[PDB]
**Student:** 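Immunoglobulin lambda variable 2-8, bound to sulfasalazine - let me ask you about this one.
Residues take their numbers from the sequence shown, with the count starting at 1. Note that ligands are numbered from 1 as they come in the structure, with each ligand's atoms numbered from 1 the same way.
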Amino acid sequence: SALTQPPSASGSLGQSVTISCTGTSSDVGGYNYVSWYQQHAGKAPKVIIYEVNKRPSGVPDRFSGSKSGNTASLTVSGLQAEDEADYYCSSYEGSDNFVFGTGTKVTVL
Ligand SMILES: O=C(O)c1cc(/N=N/c2ccc(S(=O)(=O)Nc3ccccn3)cc2)ccc1O
């Protein structure tokens, strides 16, 4: 029981990176309650997106979410050096329960 994410992804500075988060019709595909977290090495996780494509305050406009079917995604557009980090998704999966993805390490070329 984990959501599927690519282990790693790279992009050039100023370009975009997209990270997918694939589950099933019982979680990612069944609800609009996908969240994304950014974690720099040895630091606490930052909430970047909730409810598929809502941003907390302080998250730049260049981070966005989308979802189609059983796959949600996070795009980091206008890639900056500080965007190098591990990124995790999560979903609601029914009955007051949540499930996390396995994480993607994003590097800048
Ligand atoms: O500042 C904020 O906006 C802020 C927002 C935060 N959002 N946290 C989350 C984390 C996950 C979700 S979610 O995509 O799972 N959505 C939901 C929605 C309703 C019930 C359960 N889950 C929803 C909100 C958490 C802390 C904060 O400070």
**Student:** Counting each atom of sulfasalazine (ligand 1) from 1 as listed, which ones have a heavy atom of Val34 under 4.0 Å away?
**Tutor:**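 Every atom of sulfasalazine (ligand 1) under 4.0 Å from some heavy atom of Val34: 14 (O).
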**Student:** What part of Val52, side chain, backbone, both or neither, has a heavy atom within less than 4.0 angstrom of sulfasalazine (ligand 1)?
**Tutor:**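 Neither part.
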**Student:** Are any of the N/O atoms on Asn32, whether in the backbone or the side chain, positioned under 3.5 angstrom from an N/O atom of sulfasalazine (ligand 1)?
**Tutor:**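 The answer is no, given that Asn32 and sulfasalazine (ligand 1) share no N or O pair closer than 3.5 Å.
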**Student:** Just wondering, where does chain A come from, per the PDB?
**Tutor:**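 Going by the entry: Homo sapiens.
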**Student:** Among all the protein's non-hydrogen atoms, which is closest to atom 24 (C) of sulfasalazine (ligand 1), and how far away is it?
**Tutor:**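 I find the closest protein heavy atom is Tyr50 CB, 3.5 Å.
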**Student:** List every atom of sulfasalazine (ligand 1) that sits less than 4.0 Å from any heavy atom of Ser35, numbering the atoms from 1 in the order shown and giving each element.
**Tutor:**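 Taking each heavy atom of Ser35 in turn, sulfasalazine (ligand 1) has 10 (C), 11 (C), 12 (C), 13 (S), 14 (O), 15 (O) under 4.0 Å.
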**Student:** Are any of the protein's heavy atoms under 4.0 angstrom from atom 22 (N) of sulfasalazine (ligand 1), yes or no?
**Tutor:**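 Within 4.0 Å: yes, protein heavy atom nearby.
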**Student:** Among the UniProt domains of chain A, which one holds most residues within contact distance of sulfasalazine (ligand 1)?
**Tutor:**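 UniProt calls that domain Ig-like.
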**Student:** What's the shortest distance from atom 25 (C) of sulfasalazine (ligand 1) to any protein heavy atom, and which residue and atom give it?
**Tutor:**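 Protein heavy atom with the smallest distance to atom 25 (C) of sulfasalazine (ligand 1): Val47 CG2, 4.2 Å.
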**Student:** Does only the side chain of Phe98 get under 4.0 Å from sulfasalazine (ligand 1), or the backbone, or both, or neither? Count heavy atoms.
**Tutor:**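 For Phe98, only side-chain atoms sit under 4.0 Å from sulfasalazine (ligand 1).
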**Student:** Tell me whether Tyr37 reaches sulfasalazine (ligand 1) (any heavy atom closer than 4.0 angstrom to a ligand atom).
**Tutor:**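 Contact present.
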**Student:** With heavy-atom distances below 4.0 Å as the criterion, list the atoms of sulfasalazine (ligand 1) near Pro56.
**Tutor:**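 Counting from 1, the qualifying ligand atoms are 2 (C), 3 (O).
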**Student:** Can you tell me which residue and heavy atom of the protein come closest to atom 18 (C) of sulfasalazine (ligand 1), and the distance to 0.1 Å?
**Tutor:**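 Ranked first by proximity to atom 18 (C) of sulfasalazine (ligand 1) is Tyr33 CE2, 2.1 Å.
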**Student:** Under 4.0 Å from a heavy atom of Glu51: which atoms of sulfasalazine (ligand 1) are those, numbered in the order shown and with their elements?
**Tutor:**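 Contacts of sulfasalazine (ligand 1) toward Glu51, numbered from 1: 14 (O), 16 (N).
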**Student:** Could you check whether atom 27 (C) of sulfasalazine (ligand 1) has a protein contact, counting only heavy atoms that fall below 4.0 angstrom?
**Tutor:**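 No, because not a single protein heavy atom sits under 4.0 Å from atom 27 (C) of sulfasalazine (ligand 1).
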**Student:** With a non-hydrogen cut-off of 4.0 Å, what is the binding site of sulfasalazine (ligand 1)?
**Tutor:**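 By heavy-atom distance, that gives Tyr33, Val34, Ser35, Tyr37, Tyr50, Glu51, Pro56, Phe98.
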